[PDB]
**Q** 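Can you keep this structure in mind? I'll have questions shortly.
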Amino acid sequence: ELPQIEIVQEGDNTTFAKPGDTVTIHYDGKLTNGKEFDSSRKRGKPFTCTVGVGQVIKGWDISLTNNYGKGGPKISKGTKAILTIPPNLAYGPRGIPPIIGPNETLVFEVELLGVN
Amino acid sequence: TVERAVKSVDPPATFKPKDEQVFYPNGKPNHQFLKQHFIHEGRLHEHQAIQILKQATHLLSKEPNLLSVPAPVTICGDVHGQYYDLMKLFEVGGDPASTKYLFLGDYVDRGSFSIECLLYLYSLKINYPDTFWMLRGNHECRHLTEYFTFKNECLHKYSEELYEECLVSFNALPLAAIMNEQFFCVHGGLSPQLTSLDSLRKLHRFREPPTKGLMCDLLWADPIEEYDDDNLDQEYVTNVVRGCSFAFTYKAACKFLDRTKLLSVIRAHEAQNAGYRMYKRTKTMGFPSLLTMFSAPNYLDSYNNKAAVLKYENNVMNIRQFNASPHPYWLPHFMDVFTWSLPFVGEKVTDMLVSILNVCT
Amino acid sequence: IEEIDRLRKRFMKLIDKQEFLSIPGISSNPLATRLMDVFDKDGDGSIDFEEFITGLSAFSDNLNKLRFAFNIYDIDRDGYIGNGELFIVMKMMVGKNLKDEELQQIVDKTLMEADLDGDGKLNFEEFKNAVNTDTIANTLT
Ligand SMILES: C=CC[C@@H]1/C=C(\C)C[C@H](C)C[C@H](OC)[C@H]2O[C@@](O)(C(=O)C(=O)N3CCCC[C@H]3C(=O)O[C@H](/C(C)=C/[C@@H]3CC[C@@H](O)[C@H](OC)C3)[C@H](C)[C@@H](O)CC1=O)[C@H](C)C[C@@H]2OC
Ligand SMILES: [Ca+2]
Ligand SMILES: [Ca+2]
Ligand SMILES: [Ca+2]
Ligand SMILES: [Fe+3]
Ligand SMILES: [Zn+2]
């Protein structure tokens with residue numbers, strides 16, 4: 001099981017995130033019906049994390065590190081993308097209430113602003 | 001530990017003012033109190049807020065579908081619960097004690113202070129019913145408030161009963177206005193079914209907006225993107241962007257204005273970097289055929305757009321712009337910090353409790 | 001009783017605050033110190049074998065699970081969650097994702113929603129009313 005990645009605009013094609021790197025991202029998250037559940041851009045602080053270590057949902061690790069080198073679409077710095085993430089790679093049947101319901105598929109519109 | 005770690009931050013006002021503060025002795029809401037109280041994120045007792053909803057519904061339900069608004073008047077576009085920009089708007093537009101107002105709808109959704117915007121605007125309406133007017137926008141209905149933020153807001157801050165009472169007040173909002181016998185004012189725009197002004201006068205409006213038809217179009221219509229180019233012969237085209245209703249052309253506006261003997265159409269509904277936008281001028285009299293107002297600066301905390309209101313008098317359109325003002329922070333979905341952090345607490349603690357457990361084969 | 005002897009050999013292979021972070025993964029955990037303190041019931045800086053078993057034993061009725069979640073926020077062990085305590089513990093998990101003004105404002109509004117008696121802090125009763133009693137006990141296992 002993998003997440004679906006659709007490249008909206010591309011970046012440098014050179015700077016790809018690898019496991020253990022940090023990234024900086026502006027994301028809007030919404031459900032398949034379009035209802036938005038969060039946006040970093042509205043909060044004014046870009047999200048920063050360490051990818052590939054399980055410090056985020058599995059869909060983000062797989063998307064940002066190219067499934068740790070075993071694809072089946074890479075994301076470079078400056079790429080604006082859309083990640084469609086199935087519930088098993090997100091918040092499963094439990095969900096994060098009240099912000100994410102059960103068995104929900106998540107669609108993140110991410111812009112990779114920086115790596116390291 | 002018991003003191004506040006960030007003392008430069010003002011704390012919220014009380015969630016329970018006394019009746020004698022929220023209402024004047026005559027029983028009308030004390031809008032000067034509510035203005036300051038909402039600036040400091042105070043809340044009302046639910047029964048007080050329902051009382052304000054019920055008095056506004058009573059006044060609104062007696063007004064006609066199509067208001068008559070005399071000049072001079074300040075006309076305002078969308079607010080979307082941006083209460084701290086609404087404070088600035090009144091500074092720019094004039095004191096409601098001596099300034100006529102016409103709002104074009106979209107009071108709620110997206111900003112985290114929709115119920116403050118709505119209760120405050122209604123308390124002005126109640127105290128100034130002959131000089132203060134509010135149209136319905138497309139967000140003042142059940143479908144959109146369910147889909148966006150306003151229902152989650154009422155349920156968090158108050159209850160579903162209050163949410164239902166707001167819906168009753170939305171269904172009572174007038175649809176449009178003739179301003180100074182010169183302008184058609186509406187939230188969205190024109191309609192293929194807007195044959196005469198009577199078509200609008202005959203509507204039964206106390207309802208959720210229909211999927212299609214006149215009432216939907218007034219709330220949902222846009223001009224076509226190429227409106228100024230004036231290169232379409234049709235009047236109306238399917239509004240794919242909105243996914244309902246129509247986009248209308250320069251030709252539709254001009255034929256409508258000629259029919260109804262009006263100068264221009266003033267509407268809102270679309271964000272404007274400059275706060276307003278004047279479209280192609282009328283071949284009949286030279287006024288703008290269309291004007292879009294938008295009163296929500298730095299829309300959604302990300303657009304960095306200016307806002308504008310329209311101060312109309314002496315056949316003059318004084319456009320007054322303003323920038324965004326700071327506002328307090330709310331988590332998405334109005335979560336408290338326990339709802340927000342407890343899933344992560346459990347993950348982080350458990351992880352340690354499993355490492356401690358797995359130390360032995 | 002077989003499991004009670006099982007924790008003795010886990011504990012023996014493992015407690016000081018320096019010894020505690022040695023456990024794999026605890027070094028990078030933002031709640032490492034908060035978890036240490038809650039298990040450290042007498043506030044002497046190390047975890048007893050009695051505190052080890054007792055604190056684990058809540059992961060019993062659902063009441064011990066609610067009590068533990070409360071104690072993660074109640075730093076000084078005084079039985080109330082103070083405004084500043086809530087800010088400090090949230091700051092351990094929120095990182096640079098909120099500005100301090102933003103964090104303080106939603107700390108303020110949380111307590112004003114959950115503070116029934118008016119004192120400005122949260123006793124255990126007000127905490128239990130403000131959270132999902134079920135979601136909490138289910139997470140702990
Ligand atoms: C002190 C507060 C807690 C702490 C909160 C922050 C640092 C603020 C940070 C910007 C989160 C946002 O808060 C505004 C908000 O972001 C969302 O809206 C969102 O877009 C999202 O899905 N993101 C965030 C961006 C990366 C992917 C994903 C995520 O991996 O998020 C991670 C996540 C929730 C993992 C869960 C943890 C619980 C487990 O049970 C579950 O296991 C399956 C996995 C986040 C980073 C956690 O590591 C950290 C926290 O939770 C969530 C829908 C809900 C989440 O608020 C909680
Ligand atoms: Ca001890
Ligand atoms: Ca305390
Ligand atoms: Ca209390
Ligand atoms: Fe709008
Ligand atoms: Zn609109």
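Naming: A, B, ... by sequence-line order, numbering from 1 per chain. Order of appearance sets the numbers: ligands from 1, and atoms from 1 within every ligand. Computation of the quantities below employed the complete heavy-atom set of this structure, encompassing side-chain atoms and omitting hydrogens, waters and symmetry-equivalent molecules.
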**Q** Look up in UniProt the name of the chain making most contacts with ligand 1.
**A** FK506-binding protein 1
**Q** Which drug molecule is found at ligand 1 in this structure?
**A** tacrolimus
**Q** Counting heavy atoms under 4.0 Å, which other chains neighbour tacrolimus?
**A** A, B, C
**Q** Is it the case that tacrolimus has an N or O less than 3.5 angstrom from some N or O of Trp340(B)?
**A** yes
**Q** Is the contact between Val337(B) and tacrolimus made by the side chain, the backbone, both, or neither, using heavy atoms and a 4.0 Å cut-off?
**A** neither
**Q** Check each heavy atom of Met90(C) against tacrolimus and say whether those closer than 4.0 Å belong to the side chain, the backbone, both or neither.
**A** side chain
**Q** One residue to check: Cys49(A). Relative to tacrolimus, which of side chain, backbone, both or neither has a non-hydrogen atom less than 4.0 Å away?
**A** neither
**Q** Looking at non-hydrogen atoms alone, which of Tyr27(A), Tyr91(A), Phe344(B) comes nearest to atom 36 (C) of tacrolimus?
**A** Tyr91(A)
**Q** Would you kindly specify which portion of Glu347(B) sits under 4.0 Å from tacrolimus, judged on non-hydrogen atoms: side chain, backbone, both or neither?
**A** side chain
**Q** Specify the organism recorded in the entry for chain A.
**A** Candida albicans (strain SC5314 / ATCC MYA-2876)
**Q** Identify the name used for chain B in this deposit.
**A** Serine/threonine-protein phosphatase
**Q** Taking 4.0 angstrom as the limit and counting only heavy atoms of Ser341(B), give me the atoms of tacrolimus inside it, by number and element.
**A** 1 (C), 2 (C)
**Q** In terms of atom number and element, which parts of tacrolimus are under 4.0 angstrom from non-hydrogen atoms of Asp38(A)?
**A** 12 (C), 14 (C), 15 (C), 16 (O), 17 (C), 18 (O), 19 (C), 20 (O)
**Q** Distance under 4.0 Å to a non-hydrogen atom of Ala90(A): what atoms of tacrolimus satisfy this?
**A** 43 (C)
**Q** With heavy atoms of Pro343(B) as the reference, note each atom of tacrolimus found under 4.0 Å away.
**A** 38 (C), 40 (O)
**Q** Name the UniProt domain of chain A that holds most residues in contact with tacrolimus.
**A** PPIase FKBP-type
**Q** Taking both backbone and side-chain atoms of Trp60(A), is any N or O found less than 3.5 Å from an N or O belonging to tacrolimus?
**A** no
**Q** Should you measure from each heavy atom of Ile57(A), which atoms of tacrolimus turn up under 4.0 Å away?
**A** 27 (C), 28 (C), 30 (O)
**Q** Listed by chain and number, which residues of other chains have a heavy atom closer than 4.0 Å to any atom of tacrolimus?
**A** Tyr27(A), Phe37(A), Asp38(A), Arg43(A), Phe47(A), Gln55(A), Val56(A), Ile57(A), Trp60(A), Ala90(A), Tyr91(A), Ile100(A), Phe108(A), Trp340(B), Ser341(B), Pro343(B), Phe344(B), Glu347(B), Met90(C), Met93(C), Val94(C), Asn97(C)
